Trainee: 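Here it is, the structure in full.
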Amino acid sequence: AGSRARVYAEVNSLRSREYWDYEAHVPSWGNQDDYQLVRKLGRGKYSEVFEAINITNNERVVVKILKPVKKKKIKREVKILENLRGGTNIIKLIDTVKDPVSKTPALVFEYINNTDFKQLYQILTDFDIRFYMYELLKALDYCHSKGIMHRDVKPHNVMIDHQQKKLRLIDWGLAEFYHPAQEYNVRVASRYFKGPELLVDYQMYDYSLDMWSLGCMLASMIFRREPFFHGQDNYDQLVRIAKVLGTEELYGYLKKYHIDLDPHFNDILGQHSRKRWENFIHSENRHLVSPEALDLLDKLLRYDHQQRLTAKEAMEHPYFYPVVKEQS
Ligand SMILES: O=C(O)c1ccc2c(c1)nc(Nc1cccc(Cl)c1)c1ccncc12
Ligand SMILES: NCCc1ccc(Cl)c(Cl)c1
């Protein structure tokens, strides 16, 4: 009874229990032998990702092989992906398969030819940033409307093919279902994308965590400082935030939600004024910054998770009017 979402708060409560009760979900496991692995793309803590071909139809896909011990978490990710089926700009789950002998499970996703913007293709224009942020917002509004927090929004999870102008939000392995008053694990998101709520151990968070992470991505893109808040550890991460947003404002947020700060922060936070967003503008980024962009960013990167724009409210912001007009 400390906090709840401003939007879609009851939306899982209003659905059949089977929608959100992922522990009860019984996936249909197809045959992984239909997929030929071509190339290893990477590895995470509990998964590895390969480029592959479906040999029955010659389609290129990716296969994400799951360490099989984590049964509840597998069911969670599978059920979330099935619920998100057809959602705008959400990576498409094509199948759920197992090796028919070992029974190791794997997820088959559509392939996206991800651009490395760090050199190869094109450095983003103002319009490009608006466009891709708007497309990312569609995916977040969709999943939030579906009662799902992603909880790991960061650039690596936002796959963009800059030649075809396609965007997909990937890696739903940390995603959860939002339920009013539920206390969630704060050990989610990449350090640089963690909202203050996580950093101060506030467990009654909601979809608005994803809006912090998308604000961090907006800042990094318009100002060309990636990641925007570069902490060396979780404590330093909050200090990096406070050096921008201010310490008095942090204390107001803590008092509103009755939050206790870990006392180790006493030795490191200092005293910081709230900075003007215009302080980040210089010759290398001025062509990406506008009054609109700053107004939007200022409404995303707020301590108080309840005062951040929703995905929809962000979509509706003037910053995206040029994109809306072009999509007409
Ligand atoms: O987890 C998912 O939902 C997930 C879903 C789809 C992709 C993915 C992860 N990772 C990819 N690439 C990648 C690149 C570097 C490291 C790692 Cl582990 C993976 C990738 C590439 C091309 N098309 C789709 C994907
Ligand atoms: N992997 C691409 C991450 C990225 C880069 C630029 C933008 Cl504007 C966005 Cl939304 C996402």
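All chain A residue numbers match the PDB entry; in order, they span 6-333. Indexing begins at 1, ligand by ligand and atom by atom, following the structure's order. Any value given below was found using the heavy atoms of this structure, including those in side chains, with hydrogens, waters and symmetry copies removed.
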Trainee: Look up in the PDB entry the name of the chain making most contacts with ligand 1.
Mentor: Casein kinase II subunit alpha'
Trainee: Quick one: do you know the drug at ligand 1?
Mentor: silmitasertib
Trainee: Enumerate the residues contacting silmitasertib with a heavy-atom distance under 4.0 Å.
Mentor: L46, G47, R48, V54, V67, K69, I96, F114, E115, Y116, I117, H161, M164, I175, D176
Trainee: Could you tell me which residues in chain A that UniProt says bind ATP have heavy atoms under 4.0 Å from silmitasertib?
Mentor: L46, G47, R48, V54, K69
Trainee: For atom 1 (O) of silmitasertib, what's the nearest protein heavy-atom neighbour? Residue, atom name and distance, please.
Mentor: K69 NZ, 2.8 Å
Trainee: Closest non-hydrogen protein atom to atom 3 (O) of silmitasertib, residue and atom name please, with distance?
Mentor: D176 N, 2.8 Å
Trainee: Look at atom 9 (C) of silmitasertib and say which protein heavy atom is nearest, naming residue and atom and giving the distance to 0.1 Å.
Mentor: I175 CD1, 3.6 Å
Trainee: For chain A, which residue flagged by UniProt as active site has the shortest heavy-atom distance to silmitasertib, and what is that distance to 1 Å?
Mentor: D157, 9 Å
Trainee: If you map the residues of chain A that touch silmitasertib onto UniProt domains, which domain comes out on top?
Mentor: Protein kinase
Trainee: Identify the closest protein heavy atom to atom 10 (N) of silmitasertib: which residue and atom is it, and at what distance?
Mentor: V54 CG1, 3.8 Å
Trainee: Tell me the organism the entry assigns to chain A.
Mentor: Homo sapiens
Trainee: Looking only at protein heavy atoms, which one is nearest to atom 6 (C) of silmitasertib, and what is the separation?
Mentor: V67 CG2, 3.7 Å
Trainee: Which residue owns the protein heavy atom closest to atom 15 (C) of silmitasertib, what's the atom, and how far is it?
Mentor: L46 O, 3.5 Å
Trainee: Identify the closest protein heavy atom to atom 22 (C) of silmitasertib: which residue and atom is it, and at what distance?
Mentor: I117 O, 3.1 Å
Trainee: Please list the nearest protein heavy atom to atom 20 (C) of silmitasertib with its residue and the distance rounded to 0.1 Å.
Mentor: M164 CE, 3.4 Å
